[PDB]
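Caption: polmacoxib together with Carbonic anhydrase 2, bound form.
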Amino acid sequence: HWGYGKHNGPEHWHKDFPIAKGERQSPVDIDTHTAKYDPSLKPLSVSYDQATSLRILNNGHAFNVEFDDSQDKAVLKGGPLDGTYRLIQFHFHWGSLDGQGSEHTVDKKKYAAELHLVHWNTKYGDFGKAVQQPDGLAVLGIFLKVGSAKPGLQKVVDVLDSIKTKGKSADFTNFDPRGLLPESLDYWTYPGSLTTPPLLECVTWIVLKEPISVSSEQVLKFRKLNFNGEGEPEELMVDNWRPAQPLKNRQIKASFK
Ligand SMILES: CC1(C)OC(c2ccc(S(N)(=O)=O)cc2)=C(c2cccc(F)c2)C1=O
Ligand SMILES: [Zn+2]
């Protein structure tokens, strides 16, 4: 039932999922007066060499690139829990115009889109057991701003034409997610939640300081997707983002000065 419409969007989710009003919900605004530099934070490193992409899918509220997460060398490492996190999936959230679309904000600034690279902490065995733990997932969040094109994004935005409607799936092998990363891996981190139902508070959020630049042509391709299935009335897939939630007692930590 849940979606991003007026009558089933973020403001409605709490009715089915009471945790929507919990103590560790995401996304949040990152106020740069209040993030505390933490010299103990382990810097991020990626081993995406053997990351093995499988397929890309339109599930009716986003598109997901699925990975073979049995590749034990394809991991994100570091962060507050010094974790080793298996890459399993990535997806985006975006807006109906360039001035909005991101889920996290920085000093209340919204970006055009946000990329979420989803990983599960290997010490919990599989993604299913991981989402039961407060630090079970590491989601690497990366802001998208409009400017020059991102060459590593081209394979992603171009295949979207093949999965325009809900339910469409396409083989998507040999995609290298290193092509989606900015130069710097300086980051903010805080304990939070999935930003869609079931809104489980199982995420160590790692949000990169540096946005990637993508072209207007690239972002437009996001907005050609459909929420609806083939033959149904056309509803363009836009504004599939949850707004910032109460920070409550949490401290946002910065890896950088
Ligand atoms: C249904 C349930 C629990 O929700 C999510 C989910 C993940 C990330 C986000 S988000 N937007 O990044 O916070 C929101 C939701 C997954 C999931 C998806 C891909 C890989 C994985 F290991 C788990 C689930 O299995
Ligand atoms: Zn997401």
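We number each residue from 1, following the sequence as shown. Basis for what follows: all heavy atoms, side chains included, without hydrogens, waters or symmetry-related copies. Every number for a ligand or one of its atoms is a count from 1 in the order of the listing.
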### Query
Which components of the model belong to polmacoxib?
ligand 1
### Query
Which residues form the binding site of polmacoxib (heavy atoms under 4.0 Å)?
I88, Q89, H91, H93, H116, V118, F127, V139, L194, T195, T196, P198, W205
### Message
Is atom 16 (C) of polmacoxib near the protein, in the sense that some protein heavy atom lies at less than 4.0 Å from it?
### Response
no
### Query
Please state which protein non-hydrogen atom is closest to atom 6 (C) of polmacoxib and give its distance, to 0.1 Å?
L194 CD2, 3.7 Å
### Task
Identify which residues UniProt lists as binding Zn(2+) in chain A have a non-hydrogen atom closer than 4.0 Å to polmacoxib.
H91, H93, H116
### Message
Any chance you can tell me which UniProt substrate binders of chain A have a heavy atom closer than 4.0 Å to polmacoxib?
### Response
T195, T196
### Query
What other ligands or ions are found less than 4.0 Å from polmacoxib?
ligand 2 (zinc ion)
### Task
Provide the number and element of each atom of polmacoxib under 4.0 Å from a heavy atom of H116.
11 (N), 12 (O)
### Query
What do you reckon, does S193 have a nitrogen or oxygen under 3.5 Å from a nitrogen or oxygen of polmacoxib?
no
### Task
Give the residue and atom name of whichever protein heavy atom lies nearest to atom 1 (C) of polmacoxib, and the separation in Å to one decimal.
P198 CD, 3.9 Å
### Message
Among all protein heavy atoms in this structure, tell me which lies nearest to atom 22 (F) of polmacoxib, with the distance rounded to 0.1 Å.
### Response
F127 CB, 3.1 Å
### Task
Give yes if a backbone or side-chain nitrogen or oxygen of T195 is under 3.5 Å from a nitrogen or oxygen of polmacoxib, and no if not.
yes
### Query
Quick one: which polmacoxib atoms are inside 4.0 Å of a heavy atom on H93?
11 (N)
### Message
So if I count the atoms of polmacoxib from 1 in the order they appear, which ones are less than 4.0 Å from some heavy atom of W205?
### Response
13 (O)
### Task
Quick one: look up the protein heavy atom nearest atom 14 (C) of polmacoxib and list residue, atom name and how far away it is.
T196 OG1, 3.3 Å
### Query
Which domain of chain A, as defined in UniProt, supplies most of the contacts with polmacoxib?
Alpha-carbonic anhydrase
### Task
Return the residue, atom name and 0.1 Å-rounded distance of the protein heavy atom closest to atom 20 (C) of polmacoxib.
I88 CG2, 3.4 Å
#### Entry: Heavy-atom nearest UniProt active-site residue: chain A, polmacoxib
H61, 7 Å
### Query
Numbering the atoms of polmacoxib from 1, which are under 4.0 Å from a heavy atom of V139?
12 (O)
### Task
Show which atoms of polmacoxib fall inside a sub-4.0 Å distance from at least one heavy-atom site of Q89.
19 (C)
